[PDB]
Amino acid sequence: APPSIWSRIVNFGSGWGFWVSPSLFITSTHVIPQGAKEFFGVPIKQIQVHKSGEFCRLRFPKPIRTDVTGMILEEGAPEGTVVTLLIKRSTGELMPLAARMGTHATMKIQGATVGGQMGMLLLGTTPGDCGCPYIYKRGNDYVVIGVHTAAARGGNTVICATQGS
Ligand SMILES: CCOC(=O)CC[C@H](C[C@@H]1CCNC1=O)NC(=O)[C@@H](CC(=O)[C@@H](NC(=O)c1cc(C)on1)C(C)C)Cc1ccc(F)cc1
């Protein structure tokens, strides 16, 4: 993926988050810090936080990342679409993993219900990777489809948290 997209991925709590636009920031519910009084200098009360299972969306009252453009955000990718899971590691190493996305579904993961899309990695995902984006290109427009939330032990299945309607 291009550098402009990688720069949108920043460390966030126990995982990562993705600047969809200067004002919109998506991450995993499992990683958002629950005791924080602010994110990126903005008092938490001024941030509009939305939550759809494991998809956590933060709308900021003013542009924060003015250097980025507004990307397309969609609920998953068409079934069979090969996407790239942009994993950043704590070291700073970039570890783009290719995945073929599959069934959209409401899934039960460890008792909890998760809205998202199953994928298959095509050297895998690890505990610190949640919140990293699933990205693919459609023509000339890059598209983010969700954020990493889970991966099935004993197989290549990974779970991409998506946002509902
Ligand atoms: C906040 C502290 O924990 C973390 O590090 C959070 C991020 C890690 C990243 C995983 C960590 C490893 N490889 C990865 O990519 N995620 C999880 O652990 C998730 C659970 C799994 O990955 C499990 N997968 C499934 O249950 C699962 C079921 C199906 C189907 O697919 N995966 C186990 C492999 C750990 C946490 C979770 C629990 C309930 C939910 F509603 C939704 C999510």
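Sequence positions for chain A are given in the PDB entry numbering; the residues included correspond to 1-122, 132-174, in order. Just so you know, ligand 1 is whichever comes first in the structure, and atom 1 is the first atom listed for that ligand. Just the heavy atoms: all of them, side chains too, but no hydrogens, waters or symmetry mates, feed the values below.
- The compound at ligand 1 is the drug or drug candidate rupintrivir (bound form).
- The largest share of close contacts with rupintrivir (bound form, ligand 1) comes from the chain named in the PDB entry as Peptidase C37.
- The shell of residues around rupintrivir (bound form, ligand 1) (heavy atoms under 4.0 Å) is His30, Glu54, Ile109, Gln110, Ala112, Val114, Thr134, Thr135, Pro136, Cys139, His157, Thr158, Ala159, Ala160, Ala161, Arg162, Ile168.
- Closest protein heavy atom to atom 24 (N) of rupintrivir (bound form, ligand 1): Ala160 O, 3.0 Å.
- For atom 36 (C) of rupintrivir (bound form, ligand 1), the closest non-hydrogen atom on the protein side is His30 NE2, 3.6 Å.
- Distances from atom 15 (O) of rupintrivir (bound form, ligand 1) to the protein include at least one heavy-atom value under 4.0 Å.
- The distance from rupintrivir (bound form, ligand 1) to the heavy atoms of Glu54 drops below 4.0 Å at these ligand atoms: 42 (C).
- Close contacts between rupintrivir (bound form, ligand 1) and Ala112 involve ligand atoms 41 (F) [criterion: under 4.0 Å to a heavy atom].
- When each atom of rupintrivir (bound form, ligand 1) is checked for a heavy atom of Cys139 under 4.0 Å away, the hits are 7 (C), 8 (C), 9 (C), 16 (N).
- In the PDB entry, the organism given for chain A is Norovirus.
- At least one N or O atom of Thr158 sits closer than 3.5 Å to an N or O atom of rupintrivir (bound form, ligand 1).
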